Amino acid sequence: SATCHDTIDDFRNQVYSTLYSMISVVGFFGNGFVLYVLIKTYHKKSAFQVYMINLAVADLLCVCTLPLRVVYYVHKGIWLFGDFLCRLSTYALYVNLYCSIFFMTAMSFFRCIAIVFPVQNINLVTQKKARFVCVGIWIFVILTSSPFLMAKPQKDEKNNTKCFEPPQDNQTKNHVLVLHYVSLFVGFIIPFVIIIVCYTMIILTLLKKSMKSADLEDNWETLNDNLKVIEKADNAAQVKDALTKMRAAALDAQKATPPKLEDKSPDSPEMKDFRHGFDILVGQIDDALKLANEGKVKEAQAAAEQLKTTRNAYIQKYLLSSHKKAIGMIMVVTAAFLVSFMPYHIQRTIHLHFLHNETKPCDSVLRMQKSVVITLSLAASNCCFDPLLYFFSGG
Ligand SMILES: O=C(Nc1cccc2c(=O)cc(-c3nnn[nH]3)oc12)c1ccc(OCCCCc2ccccc2)cc1
Ligand SMILES: CCCCCCCC/C=C\CCCCCCCC(=O)OC[C@H](O)CO
Ligand code: NA
């Protein structure tokens, strides 16, 4: 099988060396810039900022171990470093991968509560709660990825020191299969379901809030448009027609919530004054109608300008960015889950089932060894997804 192994080795060494090199550069210069900004911007403390520091740290710790993988594949697949470094480099990539998944999961759940429940949400109170979730993730990942720090050393047919190889003996094949099933369910399927559930709730909340904001702008546009009709009208019939259209628009806008009061309680003084503003405006429309019905067409135009002062002193101060930053967070994490994490966990499942099988011909082994090169490189590319999270989300 010496000819069979060397065939895939040509692809394996070329692709891994080229991809890990750019992933090391883009990862270091990307996350390094992200961490530099977050440290300088200490005055503005957010739950999103807590997850961004932790994501960059987990990436920097991984990109520092990635050039050791470059040296390995450049040197025709021979490990020039120590046995501990082979164990630590393999450990670092898994730690980073599952830290990234759990941090992006917790970030999605914390943003979901901030969007669905904006009244009970407190920016600095959730920040302290996010710090406890981060250490809870770190302690879990470090202790669960520990069997790889005490793993058996990998050797070739000519006793050559090898690294990042599939399990050799049947005992190691069993020890990693037990870890695979746990890390597939707890470390991928469940956090993926959480992201699918969280994002369904977020888009639904935003789709409703944007629609209600569109109706509020439509009612305020007609209120200003019909006010221009009254001053331009010559007869009372045109004035009375616009006032009935204005009264209907003023009642609709009174029920709807403005974007500046999304974080405020429906019984708060801010929401009570907004409703009271339209209560005076409706009364002023009816007072103008009472004069328009009397035949006083000119005198009704003065009352239409009298309610314009009420609009400026009660409804103007109430009539955002949170929607844009949430949408950006959805895209980046979804792209990271479909490109980085999903092909890795899919291929790994197919790979371990193949290794346990008795019949394994050269052509079939060639596909599995080529597929893992692609998926593991994409799994390692998760460090390139996090700098984009800063640029497209949470300010
Ligand atoms: O079977 C595995 N890998 C594998 C199979 C077949 C072939 C190969 C292969 O050719 C090359 C590599 C390789 N991995 N890195 N570099 N090269 O790996 C292979 C494998 C199993 C488990 C695992 O991590 C589980 C612990 C994570 C912590 C965790 C625990 C509980 C909940 C959540 C999180 C990781 C890899
Ligand atoms: C936030 C996440 C909380 C969710 C927590 C839920 C607990 C997960 C329970 C079971 C997962 C299934 C993994 C079972 C792995 C058993 C290993 C095994 O023995 O199976 C291999 C078999 O022996 C060889 O064919
Ligand atoms: Na990451």
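Each residue takes its place number in the sequence, starting with 1. When the header is checked for method, it gives X-ray crystallography, 2.7 Å. Start at 1 and go down the list; that is how both ligands and their atoms are numbered. The analysis underlying the following values was restricted to heavy atoms, covering all of them including side chains, and did not include hydrogens, waters or symmetry mates.
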K.L.:
In this deposited structure, which macromolecule lies in greatest contact with ligand 1, as labelled in UniProt?
P.N.:
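Most heavy-atom pairs under 4.5 Å are with Cysteinyl leukotriene receptor 1.
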K.L.:
Specify the drug or drug candidate modeled at ligand 1.
P.N.:
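It is the drug pranlukast.
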K.L.:
Is any transmembrane segment of chain A, as UniProt numbers them from the N terminus, within less than 4.0 Å of pranlukast by heavy atom, and which?
P.N.:
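In UniProt numbering, the segments with a heavy atom under the cut-off are 3, 4, 5, 6, 7.
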K.L.:
Which residues does the binding site of pranlukast contain at 4.0 Å, with heavy atoms considered?
P.N.:
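Heavy-atom neighbours of pranlukast: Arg69, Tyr94, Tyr98, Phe140, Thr144, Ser145, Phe148, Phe164, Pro166, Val176, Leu179, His180, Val182, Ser183, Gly187, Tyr344, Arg348, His351, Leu352, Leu355, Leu376.
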